[PDB]
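Structure note - halofuginone present.
Here is the naming used below: chain letters follow the sequence lines, and residue numbers restart at 1 for every chain. Remember, it's 1-based here, ligands and their atoms both numbered in the order they're listed. Recorded method is X-ray crystallography, 1.5 Å. Values below: every heavy atom of this structure, side chains too, minus hydrogens, waters and symmetry copies.
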Amino acid sequence: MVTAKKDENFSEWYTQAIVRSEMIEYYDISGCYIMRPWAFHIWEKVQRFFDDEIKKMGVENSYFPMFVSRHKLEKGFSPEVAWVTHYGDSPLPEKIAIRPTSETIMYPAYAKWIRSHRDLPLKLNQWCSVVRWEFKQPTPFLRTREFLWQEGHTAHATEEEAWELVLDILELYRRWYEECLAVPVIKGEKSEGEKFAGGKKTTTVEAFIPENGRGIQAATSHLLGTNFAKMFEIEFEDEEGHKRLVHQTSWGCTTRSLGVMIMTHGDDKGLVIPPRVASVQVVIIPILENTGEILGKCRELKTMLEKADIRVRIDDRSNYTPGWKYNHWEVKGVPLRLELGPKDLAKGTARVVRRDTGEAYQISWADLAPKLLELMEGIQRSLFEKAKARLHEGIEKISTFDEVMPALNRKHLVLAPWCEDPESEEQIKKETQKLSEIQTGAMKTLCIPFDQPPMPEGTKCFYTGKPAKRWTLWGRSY
Amino acid sequence: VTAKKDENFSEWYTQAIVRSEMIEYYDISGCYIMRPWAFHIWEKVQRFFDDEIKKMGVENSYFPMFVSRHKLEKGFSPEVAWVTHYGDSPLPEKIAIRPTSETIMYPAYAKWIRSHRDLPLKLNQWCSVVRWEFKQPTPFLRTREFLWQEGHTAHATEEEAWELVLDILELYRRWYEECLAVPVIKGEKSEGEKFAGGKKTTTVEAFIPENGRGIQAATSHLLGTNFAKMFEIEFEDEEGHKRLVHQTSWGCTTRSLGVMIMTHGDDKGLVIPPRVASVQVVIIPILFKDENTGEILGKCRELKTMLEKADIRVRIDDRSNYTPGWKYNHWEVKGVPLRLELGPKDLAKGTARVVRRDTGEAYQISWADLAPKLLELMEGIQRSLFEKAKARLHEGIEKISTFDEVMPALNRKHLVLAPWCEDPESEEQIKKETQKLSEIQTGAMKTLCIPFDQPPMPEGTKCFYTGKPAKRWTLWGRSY
Ligand SMILES: Cc1cc(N2CC[C@@](CO)(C3CC3)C2=O)cc(C(=O)NCc2cc(F)cc(-c3cnn(C)c3)c2)n1
Ligand SMILES: Cc1cc(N2CC[C@@](CO)(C3CC3)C2=O)cc(C(=O)NCc2cc(F)cc(-c3cnn(C)c3)c2)n1
Ligand SMILES: O=C(C[C@H]1NCCC[C@@H]1O)Cn1cnc2cc(Br)c(Cl)cc2c1=O
Ligand SMILES: O=C(C[C@H]1NCCC[C@@H]1O)Cn1cnc2cc(Br)c(Cl)cc2c1=O
């Protein structure tokens, strides 16, 4: 049973929810966690969605090695990578790192494979795990030392084609969150200080966690331009015979998405899993003395529902009371519970309870499959709409810096007109950190949203008083 | 490809996998890049196997890639890769990259399993593992990092665990025979060849005629209660008594792709069985001197739509910057089962010319007949690839009765099926003797498996090596 209340002790609530729902197991190596089937099935669902979509775009999957040579990674202080230095008791002549990302593994191959315009575009993806051995405190799903992800890497003859792909991928990430996970996200461009330094422009989808007021980056898609093509000599002869640099993109999204989903939809009773990704969509709980009447009808119902492609489990485990099973599956977040006891059997009905609201329905056995499909569609949409309402309520539009600290104290983000000077972003981070100290606490840019309201002529930047350029979203962050 | 498969087999294999764009080389020895053309086949067999194990109630999971020194070694270290530093700082205790996940998963199993209500526990994961052997690698077959799936189950009874071992082994037979069209032999490993941590190891074995070697294709172990004792995986039964779980584990890797390549490839390159071909039919418009360009391209689009309506996986190669002859050779070296050519004449005739990759046979087919006729041809290709490979397997196994027949059979690049007493001392002696005789003429012959399909053992039959009473017919040969 979940005892910590989500609004009062959010961090303990999160730990309880992910452990008692059987999503994670702890491990002796800090920063690494076991992903149990209840969570892994959600990853499998989003992976299938995204993989099907990128295949429609002509992206093909591949698999590159998990190791990169020291001289290829460092193309005098090491990055925060895990170094393999020995095989058995024998030192390697040159240490090798576990991939933190695969640019330095893939791009030498791209340089070999690309020789002429005929070879472009080149569009590859891989599903793997990466390792980033940061010394800070980990958080399951959200910030871990090893994590599962997909990384896409493309090369094109023109920047326009590369940018088109950047935006198509970002739209797929919006769909991953909004359509599969029912989590609303905001598409935007990263500031110069926050973008990937190896690239030209970084686009992002950002999510908001109301309980701690923090934004979190949900996925990323980069227009790399020609920087990496210069560094790796990825050149092609054009249709007229001149050597040119390719224009590249890269993009990724991780199991952080599951953590965002958990935090968005969970409640005081535990998880709430959107029907589109739930391992089990309907749990059948026989109200049981096993004559065979009740479980016979349950097996018939499960067969029937599975013909409608509903993911069903009958919980016929012994020595647990019905109420125990009800709470067990509520903590796990199954979106629908189907109760079948003796009175139900006598009437030819079943009692269906939806997890998000607790509303109960008496449904005849015949109406079961269509009514349950309808209810799952309603649950999915209601989860999304309520989360989107909370997102809207969490963003305050401001004009001057003196509004910032009140908004941050309300656990809100701010949308502010900004001159986009990177010096000013560093100054704002320092000032908000120190104001929080006197009163991390730093506010930073989350993104410059694609959806720009008009910028009235003469609008001043909320911090510098210089002419504002764009409306920018700021907040405390992960 | 220019090397002949029947002359320089290793060189043929390297040319086949490079020129088909299946692999790319890499600067760290023993690791290779799996390019999209190879990864497509992997995706097909992964989907088959994952669908089937899900039907059995096995659920996917993901455990960490790292194992602490004290948990792995629960002296001289094993052939694992050791992480010793994060950045410039030494780890307080070094950690290994997984070579397999027993030591990572089983402490969790011990925590999770409390009563019979928790059993059976059936988990699988798709991942890569690392085995840092000092020997020469071979792409797909023997590499230092490789992709695989490892399944690990726990049961209340040995009977249930053994039933699962055999169900999984049958899935591996289907992975090879139904998907890859590679015939395999199910069997039990000898005492000297089985997984030491388990009670009985079952296997599927394939045969490579060009070098006379058996190769283990996949494995499924009855672990019994050994790991349950080691990791304290116990459960309370219905009577309230504490008992040990009965476990299984099982795995299969991208070695399967290399076995497919070696089995079906020919002097022209790869031959992909239709059931694992991401492109089953390639349509090639013959464009020359601007003769009917628009008509030909429109018709190719129509044909692709029609064939896709029949679930045939079709690609039109309308790339303007390659000639038709180049396209012919490209898709042939890549092993696409069927090539469909449509030129000006064919547009006039209402026909298309189709060539099958395995035999080269050509067919003129009316556009209306295309879908059913191509389905029929793909069934024929899949069946023929399997049947020819099975005939080669049959021809490569000699039944023997005495050790004096062994060296002539090995020199014919064959396996031997011999009656054996099953004494491990005798397997060790046979390995040494056959290596020595080979040297005089690696060359050691070992057991590959004791097949499930046992012919009768006539009373009084003597072991082919020791002269003691034979127990079972055993398959032996040179091996990978
Ligand atoms: C699961 C995951 C996802 C992502 N990212 C980033 C990119 C993105 C965006 O969505 C996606 C690929 C594109 C994503 O998912 C980043 C990390 C991560 O930085 N891990 C290392 C680590 C370990 C640790 F023990 C502690 C901390 C730590 C503690 N405090 N701070 C400030 C850091 C960090 N981890
Ligand atoms: C791809 C793959 C698959 C399997 N196995 C084994 C089990 C099985 C059976 O099918 C499946 C999981 C159950 C499978 O696929 C074993 C290896 C492997 O031993 N790698 C290490 C290595 C690296 C290296 F550079 C050289 C050598 C080397 C050279 N000569 N010798 C005698 C060894 C070995 N590799
Ligand atoms: O990983 C990236 C850039 C992009 N790679 C492709 C997938 C999407 C992703 O945003 C940025 N990044 C992030 N963290 C890193 C940590 C280390 Br350690 C190293 Cl060496 C390198 C990096 C590093 O390059
Ligand atoms: O890996 C195994 C046994 C089984 N594990 C589950 C998947 C199927 C597989 O056959 C045997 N094995 C093989 N090679 C190994 C190499 C090293 Br290095 C280590 Cl430490 C351990 C092992 C080791 O245990």
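Counting repeats, the structure shows halofuginone at ligands 3 and 4. The main binding partner of halofuginone (ligand 3) here is, in the terms of the PDB entry, Prolyl-tRNA synthetase (ProRS). Every other chain with a heavy atom under 4.0 Å from halofuginone (ligand 3) is listed here: A.
Halofuginone (ligand 3) has a nitrogen or oxygen under 3.5 angstrom from a nitrogen or oxygen of A:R132. Listed by number with element, the atoms of halofuginone (ligand 3) under 4.0 Å from a non-hydrogen atom of A:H153 are 6 (C).
When only interatomic distances are considered, the shortest N/O to N/O separation between A:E103 and halofuginone (ligand 3) falls below 3.5 Å. Counting the atoms of halofuginone (ligand 3) from 1 in the order shown, those under 4.0 Å from a heavy atom of A:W149 are 7 (C). Contact annotation: for A:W251 versus halofuginone (ligand 3), heavy atoms closer than 4.0 Å belong to the backbone alone.
Atom 18 (Br) of halofuginone (ligand 3) has its closest protein heavy atom at A:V81 CG1, 3.4 Å. Closest to atom 23 (C) of halofuginone (ligand 3), if we only count protein heavy atoms, is A:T101 CG2, 3.8 Å.
Residue contact annotation: A:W133 has no non-hydrogen atom under 4.0 Å from halofuginone (ligand 3).
Per the entry, the source species of chain A is Toxoplasma gondii. For halofuginone (ligand 3), the atoms sitting less than 4.0 Å from at least one non-hydrogen atom of A:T220 are 10 (O), numbered in the order shown with element in parentheses.
Inside a radius of 4.0 Å around halofuginone (ligand 3), no other ligands or ions are present. The contact set between halofuginone (ligand 3) and A:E80, taken as ligand atoms under 4.0 Å from a residue heavy atom, comprises 18 (Br).
Remark: halofuginone (ligand 3) and A:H222 share an N or O pair separated by less than 3.5 Å (distance only, no angle test).
Protein heavy atom at the shortest distance from atom 17 (C) of halofuginone (ligand 3) is A:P100 CB, 3.6 Å.
What sits closest to atom 11 (C) of halofuginone (ligand 3) on the protein, heavy atoms only, is A:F196 CE1, 3.7 Å. Each of the following atoms of halofuginone (ligand 3) lies closer than 4.0 Å to a heavy atom of A:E151: 7 (C). Near halofuginone (ligand 3), within 4.0 Å on a heavy-atom basis, the structure shows A:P79, A:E80, A:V81, A:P100, A:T101, A:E103, A:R132, A:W149, A:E151, A:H153, A:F196, A:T220, A:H222, A:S250, A:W251, A:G252.
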Give a table of atom pairs where an N or O of halofuginone (ligand 3) lies under 3.5 Å from a protein N or O.
unit_1: halofuginone (ligand 3); atom_1: 1 (O); unit_2: A:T101; atom_2: OG1; d: 3.2
unit_1: halofuginone (ligand 3); atom_1: 1 (O); unit_2: A:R132; atom_2: NH2; d: 3.0
unit_1: halofuginone (ligand 3); atom_1: 5 (N); unit_2: A:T101; atom_2: OG1; d: 2.9
unit_1: halofuginone (ligand 3); atom_1: 5 (N); unit_2: A:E103; atom_2: OE2; d: 2.7
unit_1: halofuginone (ligand 3); atom_1: 10 (O); unit_2: A:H222; atom_2: NE2; d: 2.8
unit_1: halofuginone (ligand 3); atom_1: 14 (N); unit_2: A:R132; atom_2: NH1; d: 3.3

